[PDB]
Amino acid sequence: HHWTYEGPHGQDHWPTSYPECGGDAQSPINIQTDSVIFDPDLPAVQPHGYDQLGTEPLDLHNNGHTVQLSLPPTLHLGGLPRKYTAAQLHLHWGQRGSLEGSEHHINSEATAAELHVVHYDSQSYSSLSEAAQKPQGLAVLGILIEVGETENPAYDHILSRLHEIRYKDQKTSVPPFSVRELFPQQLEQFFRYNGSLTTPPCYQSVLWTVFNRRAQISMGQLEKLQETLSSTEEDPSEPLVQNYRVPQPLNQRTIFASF
Ligand SMILES: *[C@@H]1O[C@H](CO)[C@@H](O[C@@H]2O[C@H](CO)[C@@H](O)[C@H](O)[C@H]2NC(C)=O)[C@H](O)[C@H]1NC(C)=O
Ligand SMILES: CC(=O)Nc1nnc(S(N)(=O)=O)s1
Ligand SMILES: [Zn+2]
């Protein structure tokens, strides 16, 4: 009943226990830039005050599938069809050995990791769950991460505290910090398209936005992420790695680019 990225209950058998995962518009996908359709009318994505997370501690949790961070309802994502509000944010990465841990690809190439910022249509619904199964109910920002030659102070707000939640279900609080700083500096270039959640139930309720520019973290940081979290509640511990879903069929969906 507890699904996993691989194994007997890997992303291959998801469609069985969660039919929706076999939908006609799943995510992530391999974004082929040659098929990308330019749309000069796509308004700039703009995170209103994502450096203003207030005063109260943010919740840093360990699913067993990822590291998730809570976000204040004060973060408002503009530039989209409806008004969205930030709810949570989490990461995806590969195992120690590999350097491919992102969920989306660009022209068949994946990066070291991926950041996902989840929003919901608070304009039309009252909860994140409510919009999780409503058309266009969710909106996710996808930031691809590469290994840089320098330590990223932004990402440390999260990485520096990974030991506090080494085991699954372990929780903790962090001093609020500028989320904005976790995105690439230039957000003009991006791709948009209709998709789904990348984990069961795989609800096809999300409006995706994947940035063209990438964010960077030191090989040290990427390592501290790969080799620190366990996917179990206690010992024996089992490395929570390779937590990304494979590119899904495009099923003839159009993918727009702002550039
Ligand atoms: C995501 O899917 C929705 C619905 O399938 C698309 O909405 C339609 O968009 C076209 C052109 O933009 C309009 O003429 C239709 O009226 C829209 N349908 C309605 C009323 O929802 C939307 O364009 C898709 N988003 C993208 C660009 O991927
Ligand atoms: C309840 C909820 O928000 N679930 C999500 N499941 N997968 C998500 S992801 N990886 O597409 O951002 S969000
Ligand atoms: Zn995700």
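Count residues from 1 along the sequence. Determination method: X-ray crystallography, 2.9 Å. Just the heavy atoms: all of them, side chains too, but no hydrogens, waters or symmetry mates, feed the values below. We count ligands from 1, going down the list as the structure has it; atoms in each ligand are counted the same way.
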(message) I'd love to know the name of the drug at ligand 2.
(response) acetazolamide
(request) Tell me which macromolecule has the most close contacts with acetazolamide (ligand 2), using the naming in UniProt. (result) Carbonic anhydrase 14
(message) Any idea which UniProt domain of chain A makes up most of the interface with acetazolamide (ligand 2)?
(response) Alpha-carbonic anhydrase
(request) Pick out, from the UniProt substrate-binding residues of chain A, those with a heavy atom under 4.0 Å from acetazolamide (ligand 2). (result) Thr198, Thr199
(message) So, going by heavy atoms and a 4.0 Å cut-off, which residues UniProt tags as Zn(2+)-binding in chain A does acetazolamide (ligand 2) reach?
(response) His90, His92, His116
(request) Please identify the active-site residue of chain A, as annotated by UniProt, closest to acetazolamide (ligand 2), and give its minimum heavy-atom distance rounded to 1 Å. (result) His65, 9 Å
(request) Give the other ligands and ions closer than 4.0 Å to acetazolamide (ligand 2), with numbers and names. (result) ligand 3 (zinc ion)
(request) Tell me the source organism the PDB entry gives for chain A. (result) Mus musculus
(request) Write out the residues of other chains lying under 4.0 Å from acetazolamide (ligand 2), heavy atoms counted. (result) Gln88, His90, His92, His116, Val118, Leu128, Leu197, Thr198, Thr199, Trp208
